[PDB]
J.: 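A structure from the PDB, with trimethoprim included.
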Amino acid sequence: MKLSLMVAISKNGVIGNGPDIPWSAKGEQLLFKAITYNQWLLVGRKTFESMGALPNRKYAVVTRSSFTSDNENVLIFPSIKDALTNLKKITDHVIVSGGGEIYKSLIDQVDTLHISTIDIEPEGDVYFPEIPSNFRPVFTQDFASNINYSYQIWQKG
Amino acid sequence: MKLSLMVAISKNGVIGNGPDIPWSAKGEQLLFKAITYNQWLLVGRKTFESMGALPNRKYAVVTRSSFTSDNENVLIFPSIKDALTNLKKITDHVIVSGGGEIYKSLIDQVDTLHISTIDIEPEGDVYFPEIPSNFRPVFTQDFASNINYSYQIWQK
Ligand SMILES: COc1cc(Cc2cnc(N)nc2N)cc(OC)c1OC
Ligand SMILES: COc1cc(Cc2cnc(N)nc2N)cc(OC)c1OC
């Protein structure tokens, strides 16, 4: 089972996924929409609830809180280990789509990073982890917008 | 100036960018939208007429047919060579976005390939070129849809 990771960060590494983040870049969220189309997303509870169950996405929500769903496209798992073991029987591909601690728990295990860097250095309390040494960038593209952004794909060797 | 190339093809290499393609995959066009946002696209006359001006794109149309657009985000050039030399002064990135003849002329000169392969074998006269051997795939992802499709990025 291939594991991807997708995140939007400021230049300083503040996580910019969230709903009412005021330094969002018009056009960047198109990348997230394109890459996650009919994909399994591994997310924590806060990420699921902020995002909602978007069309054409399937959700593995990891929480040991008493979270509940009646959406057949939303599975709940007490741990990452339990999520991964169970998705191995369901799909070939899972995209880790956030939570600070979700990303910190998993970044060493994933094969591919999809990183959007917004060209701003704002104040935040939740940072993306340092990219490990055994990842290398294999594609980069710049976008002019209200705030400029860069899209970069990394691969583990 | 980096040159990228973006296309949607069948599994037998038939070009499937067009407006009324029966074998178009739900979702795949999201990739084109995301990669082309506030980019310069290099296209032929036909591709530009079919596509019209989607907003938040700028267009370099190459044609020898003295084509006329009354449109803010379009520049007309007589050749590919003439287009690239003027764009070099205006932008650091152009995305070659179609005409089979456009793709044929430029594929050997571009740096990055964006290929969506739709899982089907229709008939058609306009094929995409064979991929020069100096290109390697650096990224693959598969999509289940009404017709399955694969997105692949190649680097020179
Ligand atoms: C599409 O809406 C959301 C998406 C995400 C996750 C996310 C968003 N953008 C990027 N580039 N990567 C991600 N993993 C997170 C969200 O809230 C925390 C969202 O709600 C606005
Ligand atoms: C978004 O609309 C169009 C886009 C294109 C070009 C194009 C379309 N899809 C992909 N994957 N790559 C491309 N270069 C070509 C078109 O018609 C010829 C379009 O009109 C529907």
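We name chains A, B, ... by the order of the sequence lines, and we start the count at 1 in each one. In listed order, ligands and their atoms are each counted from 1. Going by what the header records, the deposited coordinates were determined by X-ray crystallography, 2.2 Å. Basis for what follows: all heavy atoms, side chains included, without hydrogens, waters or symmetry-related copies.
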J.: Specify the chief binding partner of trimethoprim (ligand 2) in this model, using its name in the PDB entry.
T.: Dihydrofolate reductase
J.: State which other chains have a non-hydrogen atom nearer than 4.0 Å to trimethoprim (ligand 2).
T.: B
J.: Name the closest protein heavy atom to atom 11 (N) of trimethoprim (ligand 2), giving the residue it belongs to and the distance to 0.1 Å.
T.: B:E28 OE2, 3.0 Å
J.: Given that the side chain starts at C-beta and the backbone is N, CA, C, O, which of these parts of B:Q29 lies under 4.0 Å from trimethoprim (ligand 2), counting heavy atoms, or is it both or neither?
T.: neither
J.: Just heavy atoms, cut-off under 4.0 Å: does B:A8 contact trimethoprim (ligand 2) by side chain, backbone, both, or neither?
T.: both
J.: Write out the residue and atom name of the closest protein heavy atom to atom 18 (C) of trimethoprim (ligand 2), then the distance separating them to 0.1 Å.
T.: B:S50 CB, 3.4 Å
J.: Have a look at trimethoprim (ligand 2) and work out which part of B:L31, if any, has a heavy atom under 4.0 Å from it: side chain, backbone, both or neither.
T.: neither
J.: Is there any N or O on B:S97 that sits under 3.5 Å from an N or O of trimethoprim (ligand 2)?
T.: yes
J.: Return the residue, atom name and 0.1 Å-rounded distance of the protein heavy atom closest to atom 20 (O) of trimethoprim (ligand 2).
T.: B:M51 CA, 3.6 Å
J.: Any idea what organism chain B is from, going by the entry?
T.: Klebsiella pneumoniae
J.: Please state which option from B:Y103, B:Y149, B:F48, B:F32 has its nearest heavy atom closest to atom 10 (C) of trimethoprim (ligand 2).
T.: B:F32
J.: Hey, does B:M6 come in under 3.5 Å of trimethoprim (ligand 2), counting only N/O atoms on both sides?
T.: yes
J.: As an exercise, identify every atom of trimethoprim (ligand 2) less than 4.0 angstrom from a heavy atom of B:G18.
T.: 17 (O), 18 (C)
J.: What protein heavy atom sits nearest atom 19 (C) of trimethoprim (ligand 2), and how far away is it?
T.: B:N17 O, 3.7 Å
J.: Identify the protein heavy atom lying closest to atom 21 (C) of trimethoprim (ligand 2), giving its residue, its atom name and the separation to 0.1 Å.
T.: B:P19 CA, 3.8 Å
J.: Which other-chain residues or nucleotides lie under 4.0 Å from trimethoprim (ligand 2), by heavy-atom distance only?
T.: B:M6, B:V7, B:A8, B:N17, B:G18, B:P19, B:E28, B:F32, B:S50, B:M51, B:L54, B:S97, B:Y103
